[PDB]
Amino acid sequence: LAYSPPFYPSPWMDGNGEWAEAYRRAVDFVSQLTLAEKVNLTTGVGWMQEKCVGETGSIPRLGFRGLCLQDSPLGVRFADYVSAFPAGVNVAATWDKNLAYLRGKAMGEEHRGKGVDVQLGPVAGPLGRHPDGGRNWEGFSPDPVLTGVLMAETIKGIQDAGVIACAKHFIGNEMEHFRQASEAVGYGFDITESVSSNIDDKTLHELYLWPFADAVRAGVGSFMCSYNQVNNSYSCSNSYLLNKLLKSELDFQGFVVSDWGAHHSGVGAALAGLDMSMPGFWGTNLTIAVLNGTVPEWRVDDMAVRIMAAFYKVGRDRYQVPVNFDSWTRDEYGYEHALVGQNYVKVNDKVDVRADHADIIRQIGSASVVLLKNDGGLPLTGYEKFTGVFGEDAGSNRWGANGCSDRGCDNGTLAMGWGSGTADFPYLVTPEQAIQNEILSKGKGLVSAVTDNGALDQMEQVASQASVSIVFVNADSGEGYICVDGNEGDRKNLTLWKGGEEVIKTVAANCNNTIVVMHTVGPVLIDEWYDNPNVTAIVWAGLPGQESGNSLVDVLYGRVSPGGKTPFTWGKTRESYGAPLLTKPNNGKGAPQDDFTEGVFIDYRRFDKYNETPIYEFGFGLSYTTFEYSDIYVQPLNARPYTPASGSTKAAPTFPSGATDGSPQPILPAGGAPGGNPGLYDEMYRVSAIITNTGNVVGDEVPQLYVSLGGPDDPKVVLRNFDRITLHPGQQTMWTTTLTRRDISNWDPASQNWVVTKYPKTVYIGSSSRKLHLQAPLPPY
Amino acid sequence: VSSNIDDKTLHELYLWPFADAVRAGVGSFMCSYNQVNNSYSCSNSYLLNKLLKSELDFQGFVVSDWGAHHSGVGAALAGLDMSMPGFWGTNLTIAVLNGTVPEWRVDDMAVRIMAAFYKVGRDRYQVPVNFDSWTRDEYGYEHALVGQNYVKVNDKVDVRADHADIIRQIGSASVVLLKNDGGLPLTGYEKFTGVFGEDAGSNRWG
Amino acid sequence: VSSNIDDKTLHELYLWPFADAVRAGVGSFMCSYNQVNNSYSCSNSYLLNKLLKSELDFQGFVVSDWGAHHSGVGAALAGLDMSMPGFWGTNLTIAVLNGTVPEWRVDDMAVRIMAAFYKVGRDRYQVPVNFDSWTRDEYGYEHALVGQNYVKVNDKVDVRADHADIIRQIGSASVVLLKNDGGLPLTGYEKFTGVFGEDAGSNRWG
Ligand SMILES: OC[C@H]1NC[C@H](O)[C@@H](O)[C@@H]1O
Ligand SMILES: OC[C@H]1NC[C@H](O)[C@@H](O)[C@@H]1O
Ligand SMILES: OC[C@H]1NC[C@H](O)[C@@H](O)[C@@H]1O
Ligand SMILES: [Mg+2]
Ligand SMILES: [Mg+2]
Ligand SMILES: [Mg+2]
Ligand SMILES: [Mg+2]
């Protein structure tokens, strides 16, 4: 069995740099607390025992209420009068830092307005190892850079709005199967322990840990340790994971909270780096363990100060208002137990926090549409004589937009996946609705919507008369506690749901101007229809939230040129992706073993390595205009040589070998600041190229910079930077970025540091991972 | 919920069959999930200590319904003998050590359980448990001091014997004829018999 | 549709089992809905006059499939003897009187029908039609020359005799064993028999 070595003591905060003010105030607060009060900050109150998805204990003596921790990564869960934003995978498809930031801000606003202290998101774990992983859509992209950049922007948005963000799930939670034994037992599996994600040190550093480093460096206030084990130690009591990787190497200054009921070694978890136990025994035992010296006072002091530093860092002292909604009822009033008898109290204020957030949701919707094919199908005008709309995915959830709890169904248009990663829709504009409005406000031609996937006779009938047929298909997935159609969180296949492929084929056989819109959580196998000559256009539109239909028509009818690029690969087969899902336990009754044997070769890296050609490669998308790439130029910057970090920490302040050691500790060679040794972010090269709009309409291009690191075990290419750029017809721009030292380095397990190998490196600039228009060597120095 | 039942109603209605059960020599009682007069059955001293164990002089053991709420160690004082399904074991041990629960009580709990055991002759009739509630698999894994043991979990012991006979007979004996204006009995020589209703047919899922 | 079949194929394949039918003494033929070489079977003189009634020398009567299209009176000349289900009556009468259908043709049509009748002994075995195709009701109305009569329309005559035996036997003999790798036969002493598939179960509508 793969093994996780111990690493103690649990590092205490430095409170240097951007964390100094927050640390100073956290220290002044914690100094005033009893042991009991400090412990309260670390202890969840109990599942459904208060208002939020999780709450800490309070400190009434100082008029300090317990923190409110609330889902989700795309909105405020279990709340009324809130917005439903596009999923993270949609954000990834925008390739747009600014939009990710603004989505974060708006979500932050909504959480703040409700009294939430901690938004439980965004997500960089799962990263996206498996194309059929159930919760990938909550995150961004299998690519660590795309994910890391947009993760960071999202965090800055949330925290700038005055709410603590929570990077989750740390780490290796790449599938839902066997994530939690009780859950697996519910599915008829006999195991007593969560699966172990077995990840080698190199793979961790270069893939899964990378976006979490970005999260740390972006100033995220909290992390959530995952349900699964990593090398046969539960994330939430994995000393190597938390004490070494997170709190030493990445020098995380904030607090680590457990996933809800994520198994840990109680008091041992605290020594291994856990700061907060959710949802709530730990309170009492922590108090006792401090009193008898099993847990040193500086540990509990550090737990409390991390929590309070996060609080002050985002300005919770300024922005906090009373929690004005209840997670567990929509009723205005409810009975509560009193010291004597009961009271009848206000539990929901129905505070409307939506503001103008429908605009940014429509915009991100449009920006996340990816044009995969267009042989003269798009844009439409709205003056078409006869428009046919086809597929259940065009239509309404007949149970109401919030008719499936936690969105645990696939009724009507798919705008959101299922599980904790959800929010209630204030409304839902369907494609059927938006398309009919478009026509009836313009040319007022014929339009008919056949939204029963079994009604094939009607689809032929209508398609054969149509000037254009717009076909809607979907594929759904979500968190493991919900099973839909035999998908136990994870997808059981990469097929279109509800006979979608049949809908496409039926319509395309009858209409030679067929448009296909895919609302999918991830890739599906399209080999059998994408190349159908009668299919004149194909878009992926993902999970667009409340404005789905409107955001779509803005693109389809040409008000917005599509500018998204696919943030994952569309392969010919499931086998193309490699990394099959473990769906049968392989360690008897013990922890199943998901070995990450493919290393860094997931998604496009795998395709490139094995020379499999994608149908649509990572980073690919079309426009209503054309772009041209020219004149790459590489400038060496002659950065200072890399210095491994060195020296000591301070002694642990007060306000398993080494676990009670509060003496000064040696700094790790790759640590020394939040996000890693600062020398890693030194700029080594400046790289430029010219992008020109050679077409006839204004449009966005997403230029992409890839690096070949040049070793035999390196990917042929890895994404390193990108931007989204609006260009008028004929307009040119010089796209200039820099490559950091980290950008051109490899992880060396022996030296425990990032190294620039002697293999020659090549830089590429292009429009996708396969359309590498420009290249130049990176000259060593 | 609290079932609020006066003393007379209890004695003349709900308790009566339970008295019959005691007197028939029943080895165990299971205390219910609900409360009676705002005390949970499994920690209701009036119910268990007074009515069951004094007035009805029950000699066997009281087990809780599965997760039937009680005041932990105080349940034992109130007449509970066995906690199902389970985290009170170490708490009962402690309560005995610190004197909150007398020795004679834990002793009486143990001896009630064993008394029931010997009363029906478990000592003569016990055989290993040869089936598993949670799987039909023949084998399965169990954790060990080190690694795992692969063990037999179902022996598929056929215990049905001839009990289909009594099940058929009781089926027939439990038919109640509520109306008959020349409808029954039938002969089997009817020219055309219609059978109507899903309640006549098979469970299509097995 | 026109089934286009060459002379050799007809003779060596499709016609062959019909020759056997003729030779078995079959009393009637039914001409088909389709065309053969672009002439409707029921008005196809090559098919009825030549192949069936000359070469195969069929002595019985040809009846049309129900509403099988034909050239009216012209069909009679092409070898049709009976038009089902039924304008042809009076047109045929007319055609005889005005000379378009020879007296000998109609005479032959009638004698073919009556020949079939006597060949199987309908004169001996005919009984009243004692059921109705269109209702299961015992009685019904029929129009009289004045008013209506209420008449028996179904007698529910049970003709099944012992025919369940032959049906069971032919059932068994028509079973084809395509594969057997130690699977069959069974004994009825299997510990656990699973039956699977809707094709095992009842038509829930009766
Ligand atoms: O609902 C709270 C918590 N439950 C479990 C999920 O894994 C996590 O993402 C979520 O934040
Ligand atoms: O299944 C165990 C237990 N569950 C609860 C029921 O109330 C009880 O009758 C049953 O014996
Ligand atoms: O039911 C009358 C008649 N209808 C048409 C069929 O083809 C034929 O076989 C049948 O005898
Ligand atoms: Mg409540
Ligand atoms: Mg540090
Ligand atoms: Mg007594
Ligand atoms: Mg002749």
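Note: chain IDs run A, B, ... matching the order in which the sequence lines appear. Quick note: numbers on chain A are straight from the PDB entry, i.e. 23-302, 312-686, 736-861, in order. All residue numbers given for chain B refer to the PDB entry; the residues shown span 217-302, 312-431 in order. In order, the residues displayed for chain C correspond to 217-302, 312-431 in the PDB entry numbering, which applies throughout. As a textbook-style caveat: the illustration shows part of the entry, and contacts are counted within that part alone. These numbers come from the heavy atoms of this one structure, side chains and all, not from hydrogens, waters or symmetry mates. Each ligand, and each atom within it, is numbered from 1 in the order the structure gives.
- In this structure the chain with most contacts to ligand 1 is the one the PDB entry names beta-glucosidase.
- The drug at ligand 1 is 1-deoxynojirimycin.
- By chain letter, those with a heavy atom nearer than 4.0 Å to 1-deoxynojirimycin (ligand 1) are A.
- The binding-site residues for 1-deoxynojirimycin (ligand 1) (non-hydrogen atoms, 4.0 Å) are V75(A), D93(A), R99(A), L142(A), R157(A), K190(A), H191(A), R201(A), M246(A), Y249(A), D281(A), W282(A), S451(A), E510(A).
- Residue-ligand proximity, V75(A) to 1-deoxynojirimycin (ligand 1), at heavy-atom distances under 4.0 Å covers atoms 1 (O), 2 (C).
- Applying the 4.0 Å criterion to heavy atoms of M246(A) picks out, from 1-deoxynojirimycin (ligand 1), the atoms 11 (O).
- Interface of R201(A) with 1-deoxynojirimycin (ligand 1), defined as ligand atoms under 4.0 Å from a residue heavy atom, comprises 7 (O).
- Atoms of 1-deoxynojirimycin (ligand 1) found under 4.0 Å from any heavy atom of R99(A) (numbered from 1 in listed order, with element): 1 (O).
- Shown in contact with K190(A) at under 4.0 Å from a heavy atom are these atoms of 1-deoxynojirimycin (ligand 1), numbered in order with element: 8 (C), 9 (O), 10 (C), 11 (O).
- For atom 10 (C) of 1-deoxynojirimycin (ligand 1), the closest heavy atom belonging to the protein is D93(A) OD1, 3.4 Å.
- Nearest protein heavy-atom neighbour of atom 9 (O) of 1-deoxynojirimycin (ligand 1): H191(A) NE2, 2.7 Å.
- Near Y249(A), the atoms of 1-deoxynojirimycin (ligand 1) lying under 4.0 angstrom from a non-hydrogen atom of the residue are 5 (C), 7 (O).
- Looking at atom 8 (C) of 1-deoxynojirimycin (ligand 1), its nearest protein heavy atom turns out to be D281(A) OD1, 3.3 Å.
- Near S451(A), meaning under 4.0 Å from any of its heavy atoms, are these atoms of 1-deoxynojirimycin (ligand 1): 1 (O), 6 (C), 8 (C), 9 (O), 10 (C).
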